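Encoded as structure tokens, the structure appears first; notes follow it.
Residue numbers begin at 1 in each chain, while the letters A, B, ... track the order of the sequences. Numbering of ligands and ligand atoms starts at 1, following listing order. Header says: X-ray crystallography, 2.3 Å.
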Amino acid sequence: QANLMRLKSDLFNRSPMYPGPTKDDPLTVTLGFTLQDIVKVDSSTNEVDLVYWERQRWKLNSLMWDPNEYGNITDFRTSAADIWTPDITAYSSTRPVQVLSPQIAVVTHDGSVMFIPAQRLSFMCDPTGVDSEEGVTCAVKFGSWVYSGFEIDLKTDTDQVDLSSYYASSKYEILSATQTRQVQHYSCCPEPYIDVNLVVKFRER
Amino acid sequence: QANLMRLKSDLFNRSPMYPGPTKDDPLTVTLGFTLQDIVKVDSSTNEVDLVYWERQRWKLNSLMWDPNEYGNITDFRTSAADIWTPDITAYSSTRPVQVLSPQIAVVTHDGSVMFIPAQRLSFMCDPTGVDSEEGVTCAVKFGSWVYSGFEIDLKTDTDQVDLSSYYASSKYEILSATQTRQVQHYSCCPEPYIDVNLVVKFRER
Amino acid sequence: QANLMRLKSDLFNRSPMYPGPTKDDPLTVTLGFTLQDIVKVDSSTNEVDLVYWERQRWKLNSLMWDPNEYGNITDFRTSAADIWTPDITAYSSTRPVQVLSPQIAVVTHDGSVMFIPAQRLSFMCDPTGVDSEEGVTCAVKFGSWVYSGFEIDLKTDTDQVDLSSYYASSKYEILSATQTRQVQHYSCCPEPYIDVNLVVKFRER
Amino acid sequence: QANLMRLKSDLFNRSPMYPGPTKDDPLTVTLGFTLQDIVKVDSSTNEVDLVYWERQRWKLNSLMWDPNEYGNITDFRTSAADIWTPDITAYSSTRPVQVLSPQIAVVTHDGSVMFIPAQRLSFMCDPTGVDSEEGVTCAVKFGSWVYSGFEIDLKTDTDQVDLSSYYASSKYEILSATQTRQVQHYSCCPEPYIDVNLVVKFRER
Amino acid sequence: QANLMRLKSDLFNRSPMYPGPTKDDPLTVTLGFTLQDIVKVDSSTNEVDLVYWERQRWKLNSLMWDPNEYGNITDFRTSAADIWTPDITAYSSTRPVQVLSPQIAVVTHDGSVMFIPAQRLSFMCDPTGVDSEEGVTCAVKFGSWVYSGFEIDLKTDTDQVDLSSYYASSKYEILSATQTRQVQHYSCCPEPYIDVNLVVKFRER
Ligand SMILES: O=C1c2cccc3c2[C@@H](CCC3)CN1[C@@H]1CN2CCC1CC2
Ligand SMILES: O=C1c2cccc3c2[C@@H](CCC3)CN1[C@@H]1CN2CCC1CC2
Ligand SMILES: O=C1c2cccc3c2[C@@H](CCC3)CN1[C@@H]1CN2CCC1CC2
Ligand SMILES: O=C1c2cccc3c2[C@@H](CCC3)CN1[C@@H]1CN2CCC1CC2
């Protein structure tokens, strides 16, 4: 406990928090999705509710330490409130997102952080055709709300959404599920914005 | 990170927060709306739910800096809780507004601030006729709850509500959508109050 | 900004907060209602939902200042959390009251405070007869939860509820709406309690 | 204000906050219920919703003062967050309890505290027979979650639930309503736990 | 009070909080369930809601004391916010878990902590067959969200879920209810992970 208390103290009480990335010191955030269930489809409002886990990873020089200085501690867990986290948001949500898991991150001595919030999201999706063989496709994208591509870049480790924890007795069968990095330009802004587009095709039964 | 940490420290830890505008030092806030979806219409209570983004912009002398003094930083992102924000509210809401996006603002070296909260709002609207060709019109206005025109003035950059992110498969088609600055007088107060009236005409299909 | 910062500092950081009224220094609170809409009537549970604004006014010697000492500032706005506010509550609510407006008060150099929270309230009301010509009457009273008439007295400026912002396309037509000071005696306590009874008669169409 | 400010200051500065009772210094808490309405009955889930006020009273020697030392102040009001409160809870709730009143307590110069939260509670009750002449009986008990009878004892001033503010036009007529101190033994623990059982018999009309 | 105030001060104000377990100083958490009611079954979304109490127990050296040094105090109660608690969570929840009890723990002089949050949980379960004689079985597992078996080991004192507080008039009869420790290795990770699987078989009537 003593070494870990000392490490945490040195990292969090002896320097200011990371103020976030800039053009001169950009940050890459890696993002993948584990889809656990499609829990609700509402055809009168065109809303669909998912439960999923959002794997986020990034790295900061300010979170590095030498394990030999701290009794060979190579990683630790800490409340997400103790560290900077990126402002990744769903772009087509219809309700505030509901957090289903403790808000705790894993920090490793090379400065890398892993944060995996489980969440329920309501989003815009017309589910007409969900009860046919072809099913229906919807999409929702995730990205920084206020940082451009020049400050926060996103990547994925894979194009396939992790379906290995998908609820075996869901009302809905997943026909396809992809996660794809996209570069968007909007008319407002000259800077590109980066998102990951989660596209899920699904049907009943 | 070092220059940005120093800038933030100089701005936020070395003087009190801006106490808000007065008659002697008024403020102009620019306001525009991006309508993303009409998500619910309830004819038994005359409530309609929108999801929209509220672009807000204003400028403070107390947020200015010379980029040459701070490693050429010309702007940065910061939690909206670190700065004064204006008390703009919907005047005919029926439920507390639900915030859908991180509460983070962009501050620029000329002292200008941009804040773009995405929100779900329930408001008073009789939707009778929504299922006809003519559709139905409702309106909701937005302005400061407690500052008059002598302290906070509003303007818009345009009269047209931004419909470029409107959900392509909404239950509702937008026939018209305007945002108009208006001057209101209340019996309580001799000073005029300023609002922006969001008038949306829409129908099913 | 400098004068206002100095005033706020002198008022709030240089003495303790007002600890509330006592028998020796009672306080009069003025109370008036602006009824904006009857948003819901539920005959299966006997609940009715209103949206209204509650004008509250009181005066404290400890909030006085000479405008000549503070660059001629005669009033300012401040977060309701910076000041004492009275514990006025609805006595027949069925859900926590939902605040619809920013919680900001106006303080004037004579020590008077104006606070106007907009609210949605669910309360006990049997709406049988709402769909007839005679309509239906319900009532809900508002007063301090724990201060007796010896500490907090209530008055109204008028007996008529302000209907000038009542939603023109409500499901419900207001036949009558009054606000009336009353004295209540409880078996527990020898001291009378003061409330304002809001009585609204209404019907459909 | 001055004497009261001084009293509050002196009481805040006497010790840390009361750490709660122990075997060596137990505490008796007095408990009574005012039943305001039965607001909802759900026979598909066996839930019933009540609105009631929970009178709680206890006494601490550390909160005593001589009124002659403080300009004859014999009592004052203060936020419930400024003092220790007991952990009395409903034992068969199905939803978090909703607080309907300001969280303010009354402290008296003999060290007694009165706290009267108004609340809406959903709880386990099979309402079969509610629509007959005999009606239906349900029960919910209230006690400390973690203090045994050796640390917190409960009493009631009366066996009869106060029905004097029961809503005159409720869907439900109250046939009987009692509050009875009981001793419960759990298999986990050798110590008895004390609760007050609120038993309400009621029917429609 | 005096001795207890001194003990709490020595434990909580004189050293940092426990930073959680590591490979070098692991922790065992004991876990058991008291099932109070199955409150809702939804076959259109495959969600089931339970109300249960989650008994958690662990031990820390940093929470030990000699009772002779503190007026023979052998245990005390304290807000769960004063101490580290483990991040045990349901792995297939569909909603944020609702806490139904005060968040207070019992600490004993040997450093052991008992924490018993009562909760309402919605989780993934297909309730087809609930209305037959055989009934239906569902399952949900609980474990640390971020600590492996090398940091947090889980055990149960018994395989049987405590049914002694199960609501006598539930819609649902419990045919079987078990809690079983399971040790997993996943391909992603070299560390073993531990969960407790709560398996409940039930039917109507
Ligand atoms: O709409 C604007 C916008 C409009 C006019 C000026 C500016 C903007 C930028 C922020 C600075 C300058 C951000 N956004 C949105 C925030 N988020 C959602 C879409 C865009 C991009 C990412
Ligand atoms: O009702 C009052 C009011 C009443 C009596 C005195 C005063 C007021 C002002 C504040 C100044 C002094 C604010 N308001 C509301 C705030 N907002 C909504 C309606 C009005 C105007 C715009
Ligand atoms: O029940 C009591 C009560 C009981 C026993 C002692 C005392 C009380 C007072 C507070 C002082 C002393 C307030 N109340 C409630 C708070 N509010 C609503 C109902 C009553 C009256 C006004
Ligand atoms: O289950 C236990 C329990 C189990 C093993 C040890 C201990 C307990 C006590 C706390 C002290 C030591 C409290 N409780 C619950 C909390 N509350 C409700 C049910 C009981 C009784 C009162």
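- This structure shows the largest set of contacts to ligand 3 coming from the chain the PDB entry labels Soluble acetylcholine receptor.
- Of the candidates palonosetron, pregnanolone, brinzolamide, the one located at ligand 3 is palonosetron.
- The heavy-atom neighbours of palonosetron (ligand 3) at a 4.0 Å cut-off, by chain: C, D.
- Other-chain residues and nucleotides with a heavy atom under 4.0 Å from palonosetron (ligand 3) are C/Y91, C/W145, C/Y186, C/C188, C/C189, C/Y193, D/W53, D/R55, D/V106, D/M114.
- Closest to atom 2 (C) of palonosetron (ligand 3), if we only count protein heavy atoms, is C/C188 SG, 3.7 Å.
- Looking only at protein heavy atoms, the nearest one to atom 22 (C) of palonosetron (ligand 3) is C/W145 O, 3.4 Å.
- Scanning the protein for heavy atoms near atom 11 (C) of palonosetron (ligand 3), the closest one is D/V106 CG2, 3.9 Å.
- Regarding atom 19 (C) of palonosetron (ligand 3), its nearest protein heavy-atom neighbour is D/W53 CZ3, 3.4 Å.
- Covalent attachment: none from palonosetron (ligand 3) to a chain.
- The nearest heavy-atom contact from the protein to atom 3 (C) of palonosetron (ligand 3) is D/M114 CE, 3.4 Å.
- When each atom of palonosetron (ligand 3) is checked for a heavy atom of D/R55 under 4.0 Å away, the hits are 1 (O), 4 (C).
- Entry annotation: chain C, source organism Aplysia californica.
- Between C/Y193 and palonosetron (ligand 3), no N or O atom pair is found at a separation short of 3.5 Å.
- Closest to atom 20 (C) of palonosetron (ligand 3), if we only count protein heavy atoms, is C/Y186 CD2, 4.2 Å.
- In this structure, the protein non-hydrogen atom closest to atom 8 (C) of palonosetron (ligand 3) is C/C189 SG, 3.5 Å.
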Go ahead and list the nitrogen or oxygen contacts between palonosetron (ligand 3) and the protein that come in under 3.5 Å, distances to 0.1 Å, or just say none.
residue: palonosetron (ligand 3); atom: 17 (N); partner: C/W145; partner atom: O; Å: 2.8

